[PDB]
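Caption: PDB structure containing daraxonrasib.
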Amino acid sequence: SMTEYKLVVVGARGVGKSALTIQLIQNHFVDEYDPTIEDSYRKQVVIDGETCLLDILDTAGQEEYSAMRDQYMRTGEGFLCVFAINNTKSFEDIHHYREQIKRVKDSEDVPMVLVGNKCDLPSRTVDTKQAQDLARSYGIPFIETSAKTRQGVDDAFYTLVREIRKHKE
Amino acid sequence: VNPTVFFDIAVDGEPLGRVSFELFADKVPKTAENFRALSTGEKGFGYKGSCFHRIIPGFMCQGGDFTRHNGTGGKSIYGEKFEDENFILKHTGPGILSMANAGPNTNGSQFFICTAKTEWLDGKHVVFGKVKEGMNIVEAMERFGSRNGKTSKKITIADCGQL
Ligand SMILES: CCn1c(-c2cc(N3CCN(C)CC3)cnc2[C@H](C)OC)c2c3cc(ccc31)-c1csc(n1)C[C@H](NC(=O)[C@H]1C[C@@H]1C)C(=O)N1CCC[C@H](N1)C(=O)OCC(C)(C)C2
Ligand SMILES: Nc1nc2c(ncn2[C@@H]2O[C@H](COP(=O)(O)OP(=O)(O)NP(=O)(O)O)[C@@H](O)[C@H]2O)c(=O)[nH]1
Ligand SMILES: [Mg+2]
């Protein structure tokens, strides 16, 4: 029956990977920081009229285990590359995640979406234009989000499904 | 002489057994004293009643969040957080007791007991004690864990204090 999509959420420590996912799954946000080992979720949604099942892997931002990402990158079909708009170092880390994914999948054509999260906060250090330019150079969409207000949460995950559909045609 | 403290471990409220620890006050006095005082409850708060929220077989059992009881909390006797005292002692094998944290100088009350050597945590987590008696209790605890740490039963510190 309904198509299953394997989404993988990646990015630096504390950028909001789990808060985005839990907003998607449970429609709520908490300010406490429960750092992730590895979590998985399932949700059915309707995207462009077509019902489908999202399989979401919520991955660790812990940098010390960077050598342990290869298998989940091989398995995943699309990647939400999340940075926090108040954290310039997490924006710089995005390039290394994207290179790892391309290298592990041996392809220049991997479904990805750039996500700039925490857009509710006033301390913005990454211009919107700076992120849009990067996304344009990657050939992937860029979506701004807040897990706290829910802004863009649905849009980010759904846009990634659309990228995967285009890849598979 | 190094203090000794004990945990009486329970599983869904049923007793399992006692683990005792030597606290290396001779190398890390500030860290050992935090754990000692949290074990006695003498500041009016501490480990009694709290859970082991993260158990990963082959690696470690982690606990000590008595303020939020959900893996995100805890606090030291010196304030919410305190600095990394030193990294003299290393994660040499099963039974090592060491501080959990969220990066440099964020020690609170969360801690972890190693069930194997975890040498990559050397220089990042402050080692301050080791299991003295009841390593078989810590091993018994491992089967309630899982790959990502979620426990299948409530593992609690039903009682604790100093010996
Ligand atoms: C890649 C998957 N992964 C793994 C991992 C690593 C390996 N290796 C195999 C090869 N060897 C040579 C290297 C390692 C194998 N298999 C896995 C797991 C089983 O794959 C699912 C770990 C880990 C840790 C974090 C995130 C992802 C992680 C993490 C996320 S926050 C953290 N660490 C530090 C953690 N802070 C907190 O809780 C804060 C909230 C409190 C205040 C913390 O102070 N402590 C205490 C020390 C232990 C640590 N928790 C923890 O739980 O470590 C789990 C462990 C399995 C030991 C390491
Ligand atoms: N203001 C605000 N805070 C947010 C937002 N998203 C996450 N946070 C906060 O930032 C902290 C880290 O969020 P978390 O989702 O745990 O990030 P993570 O990327 O999953 N961390 P890790 O890689 O360790 O698993 C939490 O305190 C969370 O409440 C957001 O959109 N706005
Ligand atoms: Mg997370």
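Letters A, B, ... are given to chains in the order of the sequence lines, protein chains preceding strands, and every chain is numbered from 1. Counting starts at 1 for both ligands and their atoms, following the listed order. Heavy atoms only: backbone and side chains are in, while hydrogens, waters and symmetry mates are out.
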Daraxonrasib - positions in model: ligand 1
Bound partner of daraxonrasib (ligand 1), most contacts, as in UniProt: Peptidyl-prolyl cis-trans isomerase A, N-terminally processed
Other chains near daraxonrasib (ligand 1) (non-hydrogen, under 4.0 Å): A, B
Other-chain residues near daraxonrasib (ligand 1) (heavy atom, 4.0 Å): A:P35, A:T36, A:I37, A:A60, A:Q62, A:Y65, A:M68, B:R54, B:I56, B:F59, B:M60, B:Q62, B:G71, B:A100, B:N101, B:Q110, B:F112, B:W120, B:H125, B:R147
A:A60 neighbourhood, listing daraxonrasib (ligand 1) atoms whose heavy-atom distance to it stays under 4.0 Å: 26 (C), 27 (C)
UniProt domain of chain B with most contacts to daraxonrasib (ligand 1): PPIase cyclophilin-type
Sub-3.5 Å N/O-N/O distance, B:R54 and daraxonrasib (ligand 1): yes
Distance filter under 4.0 Å to B:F112 heavy atoms, resulting daraxonrasib (ligand 1) atoms: 46 (C), 47 (C)
Heavy-atom protein neighbour under 4.0 angstrom from atom 2 (C) of daraxonrasib (ligand 1): no
Covalent tether of daraxonrasib (ligand 1), if any: none
Name of chain A in the entry: GTPase KRas
Polar atom proximity, B:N101 to daraxonrasib (ligand 1) (N or O, under 3.5 Å): yes
Heavy-atom protein contact below 4.0 Å for atom 58 (C) of daraxonrasib (ligand 1): yes
Close-contact set for daraxonrasib (ligand 1) against A:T36 heavy atoms, below 4.0 Å: 26 (C), 30 (C)
Polar proximity daraxonrasib (ligand 1) side, B:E119 side, N/O cut 3.5 Å exclusive: no
Daraxonrasib (ligand 1) atoms in contact with B:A100 (distance to a heavy atom under 4.0 Å): 43 (C), 44 (O)
